[PDB]
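Here is the structure we will look at.
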Amino acid sequence: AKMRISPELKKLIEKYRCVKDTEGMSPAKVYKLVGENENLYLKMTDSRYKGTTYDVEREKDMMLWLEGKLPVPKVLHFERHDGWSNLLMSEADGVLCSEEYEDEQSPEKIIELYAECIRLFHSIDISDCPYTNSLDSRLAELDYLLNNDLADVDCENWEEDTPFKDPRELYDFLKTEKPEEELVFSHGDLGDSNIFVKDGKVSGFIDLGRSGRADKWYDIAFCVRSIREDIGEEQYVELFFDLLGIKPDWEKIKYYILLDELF
Ligand SMILES: NC[C@@H]1O[C@H](O[C@H]2[C@@H](O)[C@H](O[C@@H]3[C@@H](O)[C@H](N)C[C@H](N)[C@H]3O[C@H]3O[C@H](CN)[C@@H](O)[C@H](O)[C@H]3N)O[C@@H]2CO)[C@H](N)[C@@H](O)[C@@H]1O
Ligand SMILES: Nc1ncnc2c1ncn2[C@@H]1O[C@H](COP(=O)(O)OP(=O)(O)O)[C@@H](O)[C@H]1O
Ligand SMILES: [Mg+2]
Ligand SMILES: [Mg+2]
């Protein structure tokens, strides 16, 4: 078994009214620390995932590295207590993108924000980026996640696409169709649930576990995925690409989409 938080962190959480999140489909625990002067956010991952891209210990390193680079939360407190990586952070600036256009019907504005993140990422210098997440490192991690049954291979939200009938089939296809990689700055989980906007621009990025070096089509692929499922009109997928000023590599896009199927 295990535990949770330390005494120190048990003080702050007591001082703020705590509310338990339910927006994190991940193995992490997320709590909002409602406060009088502000709100703080606590996120915790158990040992089983240490060293993995879910380990907040890593999300924290990356969160520290983006200071003065991208709009990310401020690392307040971090600790390893009872085989748990606990991160205390400040409340992202802005509104959740999913809740800024929740009613939606502002397709082009979403497409803009997505395309804005992309251009933005292709600005962060990865000369000193802490982690490299090339397919090699990622297929490595996946394999590992499967061997230790650390991944949900039964009840996930598959894409209606995934041509495969079992986990290893997919793994194999990935480990076998690896596109060439042009390393840029990758978020690792670009989606309206992990992005914050304000007054019309992006004002915050959170959920930075797989943040680091990675092919450029990785994030783009994700935006395509979201765009398609949430708007469902090839029309705005094209527009997205027009705003990016790039031609779609449907092979890479598909590929990278699949790579996320088991995470
Ligand atoms: N939070 C966004 C809200 O939830 C859905 O979006 C979610 C959904 O599309 C997408 O879920 C995708 C699936 O698709 C894809 N086929 C497999 C991939 N494992 C899964 O990933 C999801 O589960 C992971 C853990 N297994 C989490 O680590 C990750 O944060 C989350 N993106 O990620 C979004 C969560 O962020 C609604 N579609 C959207 O309209 C609504 O706004
Ligand atoms: N620093 C933060 N500021 C504001 N909201 C946050 C912050 N950290 C987490 N959240 C909220 O809680 C949810 C879960 O956080 P996230 O890191 O995305 O967990 P998971 O990796 O499970 O998706 C986010 O979608 C967001 O609603
Ligand atoms: Mg999230
Ligand atoms: Mg996550």
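Numbers for residues simply follow the sequence, beginning at 1. Note: hydrogens, waters and symmetry copies are ignored here, and every other heavy atom, side chains too, is used. Just follow the structure's listing: the first ligand is 1, and inside any ligand the first atom is 1.
The drug positioned at ligand 1, selected from rocuronium, amikacin, ponatinib, neomycin, is neomycin.
Structurally, the main neighbour of neomycin (ligand 1) is the chain that the PDB entry identifies as Aminoglycoside 3'-phosphotransferase. Entry annotation: chain A, source organism Enterococcus faecalis. Result for chain A and neomycin (ligand 1): the nearest UniProt active-site residue and heavy-atom distance (1 Å) are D189, 3 Å. The shell of residues around neomycin (ligand 1) (heavy atoms under 4.0 Å) is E23, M25, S26, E156, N157, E159, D189, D192, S193, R225, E229, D230, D260, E261, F263.
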